[PDB]
Asks: 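Sending over a structure with plinabulin; questions below.
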Amino acid sequence: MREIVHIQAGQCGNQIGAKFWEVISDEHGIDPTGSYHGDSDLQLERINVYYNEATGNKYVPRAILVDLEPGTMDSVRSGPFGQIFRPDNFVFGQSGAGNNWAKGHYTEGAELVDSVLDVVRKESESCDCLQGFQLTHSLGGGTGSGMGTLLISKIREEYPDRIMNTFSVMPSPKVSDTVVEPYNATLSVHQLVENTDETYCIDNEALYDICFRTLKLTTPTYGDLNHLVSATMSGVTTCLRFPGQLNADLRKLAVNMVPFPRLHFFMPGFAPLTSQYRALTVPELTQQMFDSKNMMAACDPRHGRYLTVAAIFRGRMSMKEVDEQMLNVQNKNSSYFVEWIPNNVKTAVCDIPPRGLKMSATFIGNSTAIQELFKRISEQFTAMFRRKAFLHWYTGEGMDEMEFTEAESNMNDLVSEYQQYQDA
Amino acid sequence: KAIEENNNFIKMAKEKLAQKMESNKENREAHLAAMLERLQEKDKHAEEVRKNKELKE
Ligand SMILES: Nc1nc2c(ncn2[C@@H]2O[C@H](COP(=O)(O)OP(=O)(O)O)[C@@H](O)[C@H]2O)c(=O)[nH]1
Ligand SMILES: CC(C)(C)c1[nH]cnc1/C=c1\[nH]c(=O)/c(=C/c2ccccc2)[nH]c1=O
Ligand SMILES: [Ca+2]
Ligand SMILES: [Mg+2]
């Protein structure tokens, strides 16, 4: 188990996805045309996880770029690292999906899905040992939401034993393109509860607040939100992309993070938050990454309890001080970690720091406080659905009101299930 | 179901339209048929007037 297949779907999926390849290619010393110009052998030791090797010693990302319109995928190709991607892996339709889950999942996206799966099969075939898939998308649009979850369902049919993880951007009125986002997200969440092993719940509410409150940016663009996303995505993928004596693949990580199959929605976090000169001390990283302000999903961890925690520190620091600090927050806030999973906070350290920072920490939290996120989308859903508002857009594409009722019920069951373990 | 309903709408729009355009052509023709039949009734009255002049001499 070494190779991971990456897929990016829709405007948002391709935007944050393109930043992921901008960040990690710099970390692996791969230039905009695909040639290696690093210095450490550690940059090439596990380069196979995300790159295929081409003729002339070129490194081509194992990345499939999906959208139902050309727009954003034309921007990706024109953008700074656009030339590195394999041209066959740009699979796109023309009419778009108009922020419509039904168009992505059932009509427009159905017409395109089989040609995307052919490229996935192409990449999966020439993989010595495929460990799984990762997907970037939003749940608020049409393509990433509707087609992304369709692809996830088709990939599970063809590759039932491989890991499926997602980086799933959640919608919020604060950063809102259309009023139907709660509908699109609720329909997607039900798909993710069934068909993913992990979903990283990037909340655009939280990314905005981090940009506004704790980074003093008055008018945040999507680039400012995506900067925080790409830093986190680098962090969660670090332990696969480098050593250091950590013998773990996606399954091993998923086995230790997910005690219950449906409860695999994580709370990502990063320290320090950037947009510096004084490098942070190990106590500061530990306090910041556990701080609510640094959470990428707009939930208060004090309102829930941690099932599992994973923290991966980057940079040259004392592992003794890391162990001391990670044991300090557990033993001084022991009510917020479930007693019925002993030793649930685990830690790794990687020597290579990311670009610009001398040391950093990435936080992955399977907290029951994530119910707050699903409750917030459930309220926005019901507000519209009690009056069947905007439903004509979905019923015109052949959907039934029953499918909405089901999805509503399934997400409120997920919230009930998170509540069960919060009190136990 | 999405095809079925899009076809249903094309179907029933086409039938509703053909039913109206035919019903209108029936009406407008029956309106003009009545107008000419009243005008032809005057020609028959003017033939009785011109006969009652000659049949009174
Ligand atoms: N964080 C982030 N969110 C985005 C971005 N672009 C769109 N969104 C969010 O995604 C939703 C719209 O989906 P989008 O990806 O544009 O539609 P799609 O192309 O049909 O998948 C909204 O909730 C937006 O707030 C982006 O670049 N970054
Ligand atoms: C011991 C340590 C810190 C390595 C650990 N223990 C359990 N989890 C992790 C970390 C991770 N756990 C994950 O599940 C994880 C998920 C992942 C990795 C790559 C791509 C997508 C998801 N990434 C991680 O870094
Ligand atoms: Ca078509
Ligand atoms: Mg959009």
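Residue numbers start from 1 in every chain, and the chains themselves are labelled A, B, ... in the order their sequence lines are given, proteins ahead of strands. Hydrogens, waters and symmetry mates are skipped; everything else that's a heavy atom, side chains included, is used. As a textbook-style caveat: the illustration shows part of the entry, and contacts are counted within that part alone. Numbering of ligands and ligand atoms starts at 1, following listing order.
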Asks: Please list all instances of plinabulin by ligand or chain.
Replies: ligand 2
Asks: Can you help me out? I need the name, per the PDB entry, of the chain with the largest number of contacts to plinabulin (ligand 2).
Replies: Tubulin beta chain
Asks: Find all other chains that place a heavy atom under 4.0 Å from plinabulin (ligand 2).
Replies: A
Asks: Define the binding site of plinabulin (ligand 2) with a non-hydrogen cut-off of 4.0 Å.
Replies: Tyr50(A), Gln134(A), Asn165(A), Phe167(A), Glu198(A), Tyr200(A), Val236(A), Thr237(A), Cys239(A), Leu240(A), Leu250(A), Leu253(A), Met257(A), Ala310(A), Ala311(A), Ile312(A), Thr347(A), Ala348(A), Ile364(A)
